[PDB]
J.: 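Structure incoming, see below.
The alphabet sets the chain names here, A first, running in the order the sequence lines are given. Numbering of chain A is taken from the PDB entry, so the residues present carry the numbers 700-823, 837-899, 909-1012, in order. The numbering of chain B matches the PDB entry: 713-828, 841-1012, in order. Whatever order the structure lists ligands and atoms in, that order sets their numbers, starting from 1. Quick note: numbers below take in every heavy atom, side chains included, and nothing from hydrogens, waters or symmetry partners.
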Amino acid sequence: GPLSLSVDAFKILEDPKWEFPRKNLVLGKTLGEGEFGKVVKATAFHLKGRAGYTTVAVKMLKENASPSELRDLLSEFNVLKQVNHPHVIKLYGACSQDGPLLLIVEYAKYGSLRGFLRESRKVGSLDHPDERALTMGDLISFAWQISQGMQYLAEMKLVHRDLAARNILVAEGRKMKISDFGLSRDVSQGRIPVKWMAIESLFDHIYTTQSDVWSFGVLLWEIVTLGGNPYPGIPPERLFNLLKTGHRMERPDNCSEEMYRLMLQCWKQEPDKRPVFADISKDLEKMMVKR
Amino acid sequence: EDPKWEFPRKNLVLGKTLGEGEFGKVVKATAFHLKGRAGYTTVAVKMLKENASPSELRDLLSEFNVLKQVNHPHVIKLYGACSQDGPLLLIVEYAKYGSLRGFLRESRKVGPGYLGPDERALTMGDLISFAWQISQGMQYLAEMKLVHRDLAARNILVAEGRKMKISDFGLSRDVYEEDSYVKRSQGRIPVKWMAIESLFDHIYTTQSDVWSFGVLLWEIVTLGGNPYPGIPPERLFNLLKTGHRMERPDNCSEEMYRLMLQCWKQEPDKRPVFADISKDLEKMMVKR
Ligand SMILES: COc1ccc(CN2[C@@H]3C[C@H]2CN(c2ccc(-c4cc(OCC(C)(C)O)cn5ncc(C#N)c45)cn2)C3)cn1
Ligand SMILES: COc1ccc(CN2[C@@H]3C[C@H]2CN(c2ccc(-c4cc(OCC(C)(C)O)cn5ncc(C#N)c45)cn2)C3)cn1
């Protein structure tokens, strides 16, 4: 079947560029864990012709993994090979010759954007009750970096499908990296959380760059609320009809008119009425120079 | 939605979490005036988490639709659902000992344990009986033209009097036409419980449920061990194709092992049917 073919292709030595010798990989602490998959920190010796040990993250399956897990991981590997951008997580390679399949990716010292934000406070060698302080300028900065990454992906004819604050990684110098390409595809029951999905994805199962834009609007909302939970107290099952009848999230606190207007436009019912990612970057670039 | 199954939300009180995984959760609950029982009845409630995808929603709805049609002493009882004024809540039977996997693993550290009268005291006779109750439930399920697809010790619940209840019907499918269920895309059943033709061919029949039953059997007689110990899921493709199967575990009889092996025949025709699995277990029991 399609998976046994990919598995077998993967387990052969066909891509010497991406194969990393297993003996050169030393696995450390767990960075995150779900039921069937795990991410650990690691050091990699002589990775990609680099001197000494490079700090990396390793993605791997757990023992109760289903074929849909195996598929997601292999599919991410195949997408990340074709991709190169400062705001997209970097793939270093894979170990396919010695035990479990391991994906080796760039290590993001702050972890997920969602985590980063909830540990922060909004403002206008000591110590504080919060990890850091963030201005609207930082938040606009974060959104712009993601929109750049997304513009690159849309130009590459790739639909991410799972855009959300938990899938953006925060690297050294607070650089945003789009991550989790398990569900991406080159442009039936979906595995994207309902609350981030575009109306046409929910009703017609259609996924395009414009449905990525809708998801981007939910992420913006997540950013300006510093890690809020979208549609709080509304059951995911109730959301279809609220959206169909034209309900949207209200303007959050500490959110400006111009910022909220951009969110709303991302959530237009007709995908043609939504901004493209270039328009989005433009809006953020303008906000920035204008303080 | 359905008159015979819709239950008044105000009559349902939710308690502690009994289990939660990726985007779904089970809570202990109590229901007032349930199916005309006086007073409160202790129940369990299955529901979605905030980050649910359409797949999880469709799975909860499909489990509801299946449990509506099936009634058997060894299949989890559905009481009803709250599906109107908010979140979808599935109301099912509460099983006091929890999952079979959990129950058997507990018997490793909780006396009297496995002995080779008390609820916690287990002999091989008790284990054969557990397997048999499950097989009778599966036999009925197969007669009702269903494939469970996700038969495993984690999906069997242990109720009052140590009765087995097949549960977790989210993935089960109708096979009235063709006697097979096939989908184009990848399944969500753990690789290690999947039949060889489910793995390579995306085909699910009662005979792939039989394969899964063999793995469950192995789980039972190892008292909740993990299948293909230390083998990566990805290695199962080549390993099953080349003819490797799990080894005979320690407190397993030759007849019991012969039954498992039969469940793991490459050719699905050569596997026993659930009716014949039940007969084999009946004979094992009475010859002791
Ligand atoms: C299908 O294959 C799968 C599926 C799921 C998984 C694991 N799942 C749960 C949710 C999803 C992904 N998960 C994580 C966990 C940690 C990280 C992560 C966390 C992290 O945190 C750093 C810190 C905050 C210092 O702990 C840094 N980095 N750097 C790179 C990555 C990556 N990738 C990370 C990213 N995703 C955890 C693995 N493989
Ligand atoms: C898609 O909809 C979903 C999907 C999955 C889930 C929850 N998932 C995780 C794995 C799967 C099913 N899960 C559970 C959790 C608890 C129980 C459970 C556990 C339980 O434990 C009793 C004890 C051990 C004394 O606490 C008793 N009962 N009785 C009925 C049920 C049911 N159902 C239970 C069964 N399945 C937890 C919820 N909704």
J.: I keep forgetting: which drug shows up at ligand 1?
T.: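 It's listed as selpercatinib.
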J.: Count heavy-atom pairs within 4.5 Å of selpercatinib (ligand 1) for each chain, then name the one with the most as UniProt does.
T.: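 It is bound most extensively to Soluble RET kinase fragment.
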J.: OK, heavy-atom distances under 4.0 Å: which other chains does that catch around selpercatinib (ligand 1)?
T.: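 By heavy-atom distance, the answer is A.
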J.: I'd love to know which of the UniProt semaxanib-binding residues in chain A sit under 4.0 Å from selpercatinib (ligand 1), measured heavy atom to heavy atom.
T.: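 A heavy atom under 4.0 Å occurs in these UniProt residues: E805(A), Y806(A), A807(A).
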J.: Between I788(A) and selpercatinib (ligand 1), which residue portion shows a heavy-atom distance shorter than 4.0 Å: side chain, backbone, both, or neither?
T.: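 No part of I788(A) is near selpercatinib (ligand 1) at this cut-off.
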J.: Curious here: most residues of chain A touching selpercatinib (ligand 1), which UniProt domain are they in?
T.: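 That's UniProt domain Protein kinase.
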J.: Below 4.0 angstrom from a heavy atom of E732(A), which selpercatinib (ligand 1) atoms are there? Numbered from 1 as shown, please.
T.: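 Here the atoms of selpercatinib (ligand 1) in question are 37 (C).
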J.: Tell me whether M759(A) reaches selpercatinib (ligand 1) (any heavy atom closer than 4.0 angstrom to a ligand atom).
T.: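 A heavy atom of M759(A) does come that close to selpercatinib (ligand 1).
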J.: Just let me know how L760(A) lines up against selpercatinib (ligand 1), side chain, backbone, both or neither, with a heavy-atom cut-off below 4.0 Å.
T.: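 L760(A) to selpercatinib (ligand 1): side-chain contact only, backbone stays beyond 4.0 Å.
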J.: Number the atoms of selpercatinib (ligand 1) from 1 as they appear, then name those within less than 4.0 Å of a heavy atom of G810(A), with their elements.
T.: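 By the 4.0 Å cutoff, the relevant atoms are 20 (C), 21 (O), 22 (C), 24 (C), 27 (C).
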J.: Help me out - nearest UniProt active-site residue of chain A to selpercatinib (ligand 1), and the heavy-atom distance to 1 Å?
T.: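 The nearest UniProt active-site residue, by heavy atoms, is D874(A), 9 Å.
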J.: Which option, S765(A), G733(A), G814(A), owns the non-hydrogen atom nearest atom 8 (N) of selpercatinib (ligand 1)?
T.: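 Closest candidate by heavy-atom distance is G733(A).
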J.: Okay, next thing: UniProt's ATP-binding residues in chain A - which of them have a heavy atom under 4.0 Å from selpercatinib (ligand 1)?
T.: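 I count these UniProt residues with a non-hydrogen atom in range: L730(A), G731(A), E732(A), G733(A), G736(A), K737(A), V738(A), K758(A).
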J.: Regarding selpercatinib (ligand 1), does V804(A) bring an N or O atom to under 3.5 Å of one of the ligand's N or O atoms?
T.: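 No, no N or O pair falls under 3.5 Å.
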J.: Below 4.0 Å from selpercatinib (ligand 1): does a non-hydrogen atom of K808(A) turn up there or not?
T.: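 True for this residue.
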J.: What would you say the binding site of selpercatinib (ligand 1) is, if we count heavy atoms under 4.0 Å?
T.: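 The heavy-atom binding site is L730(A), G731(A), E732(A), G733(A), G736(A), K737(A), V738(A), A756(A), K758(A), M759(A), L760(A), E768(A), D771(A), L772(A), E805(A), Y806(A), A807(A), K808(A), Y809(A), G810(A), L881(A).
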